[PDB]
Amino acid sequence: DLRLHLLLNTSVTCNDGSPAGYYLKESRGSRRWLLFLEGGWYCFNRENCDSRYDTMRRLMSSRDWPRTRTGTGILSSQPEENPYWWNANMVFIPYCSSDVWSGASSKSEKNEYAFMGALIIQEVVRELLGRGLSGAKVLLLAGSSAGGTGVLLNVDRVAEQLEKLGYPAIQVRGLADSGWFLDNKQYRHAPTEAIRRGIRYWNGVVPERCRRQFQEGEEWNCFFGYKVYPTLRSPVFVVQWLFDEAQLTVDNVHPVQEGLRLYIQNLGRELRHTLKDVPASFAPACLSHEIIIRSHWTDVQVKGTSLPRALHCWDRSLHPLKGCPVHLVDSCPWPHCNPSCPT
Ligand SMILES: CCCCC(=O)N(Cc1ccc(-c2ccccc2-c2nn[nH]n2)cc1)[C@H](C(=O)O)C(C)C
Ligand SMILES: *[C@@H]1O[C@H](CO)[C@@H](O)[C@H](O)[C@H]1NC(C)=O
């Protein structure tokens, strides 16, 4: 089990002002550290956040968090469940800031809620250095859904923080699962508008090079993987279903006739196109919401290679390899044309 630690700097808070924190299981024989960002949507104004506080309070507050959690999938310590990194130091960071991990704003006389996701990540890293992170050779920042977008927004800032603090030997890398979205046209008739409003409500921050390209008022562009990815310096592995259920939901897709058939086929082709220049990627032709912390994450394969294998090949590449591929994108055009898709 992973054990809860509330942050020692109690001014780094969840939405309601309670302390943020992390769950930790140390592995003293290992120099690998996996830090995983939870997902779970976001909220973007007072009324929308008030609703979330009524029925999704664990995503806004630490007051009711349990003392332990079990690691599953890529967070499992059992070799049979996690062929990739079963011996690593494991960290699960709960998502309690409702800001896609981008905020840097405290509760105040003018602010009902605090949005501190970007500061939570920095403070977890700083407190872990005294618990063994100072001896790491690799820090993998991973996450699913809003946490996967959070990886894209924060991996280079973690790298720069460790450099400025005096730890140049730690190699920082990212793993973004189910956080790679398209700002496309809906099938029936606003996510880009909600993100734009959220950034202003949260005092949200984006990576520096991407901010300088798009400039003031246009920082919402940096929440879209295909636009922010080319600006990043740290190595990033991208995992994305070609027919992701969250993408189809915001596109208003729920005996399929010609117009919808063409829409779905075009969505898969567009997603595949955005990954052409992403050398480390895993993108199966499936309709799914399933994520990399699920216990059966080993079962899906693209071109005969599982995700745990592809991640191992990626590690080797950062020391093309014969029989050890890292770029795995399905080419078949309809959900479940890959026989290994989750049932
Ligand atoms: C063009 C941007 C696409 C990304 C996007 O709009 N997002 C928010 C969201 C919220 C709620 C739902 C949702 C609503 C009702 C019912 C089911 C779902 C759902 N959620 N997952 N599957 N279905 C979908 C997306 C991302 C996410 O959090 O996914 C963030 C990171 C920007
Ligand atoms: C605690 O966190 C706050 C908010 O990020 C920061 O301003 C402050 O300097 C921190 N205090 C210490 C002692 O690290």
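All residue numbers given for chain A refer to the PDB entry; the residues shown span 88-276, 286-350, 355-419, 428-451 in order. Recorded method is X-ray crystallography, 1.4 Å. Counting convention: from 1, in listed order, for ligands and their atoms alike.
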What drug shows up at ligand 1? valsartan
Look up in the PDB entry the name of the chain making most contacts with valsartan. Palmitoleoyl-protein carboxylesterase NOTUM
Considering only heavy atoms of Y129, which atoms of valsartan have at least one such atom less than 4.0 Å away? 8 (C), 30 (C), 32 (C)
Between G294, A342, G234, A290, which one has a non-hydrogen atom sitting closest to atom 21 (N) of valsartan? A342
Residue portion contacting valsartan (non-hydrogen atoms closer than 4.0 Å) for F319: neither
Would you check which organism the entry records for chain A? Homo sapiens
Return the residue and heavy-atom distance (to 1 Å) for the UniProt active-site residue of chain A nearest to valsartan. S232, 5 Å
Counting only heavy atoms, tell me which of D347, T345, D270 gets closest to atom 16 (C) of valsartan. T345
Counting each atom of valsartan from 1 as listed, which ones have a heavy atom of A233 under 4.0 Å away? 31 (C)
Test item, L269 contacting valsartan (heavy atom, 4.0 angstrom): yes
Just go through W128, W188, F268 and tell me whose heavy atom is the nearest to atom 4 (C) of valsartan. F268
Numbering as shown, the atoms of valsartan that approach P287 to under 4.0 Å (heavy-atom distance): 1 (C), 2 (C)
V346 near valsartan by a heavy-atom separation under 4.0 Å: yes
Within 4.0 Å of valsartan, heavy atoms only, which residues of other chains turn up? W128, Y129, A233, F268, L269, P287, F320, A342, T345, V346
Using a 3.5 Å cut-off on N/O to N/O, what pairs does valsartan make with the protein? A line per pair would be great.
from, atom 1, to, atom 2, distance (Å)
valsartan, 20 (N), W128, NE1, 3.0

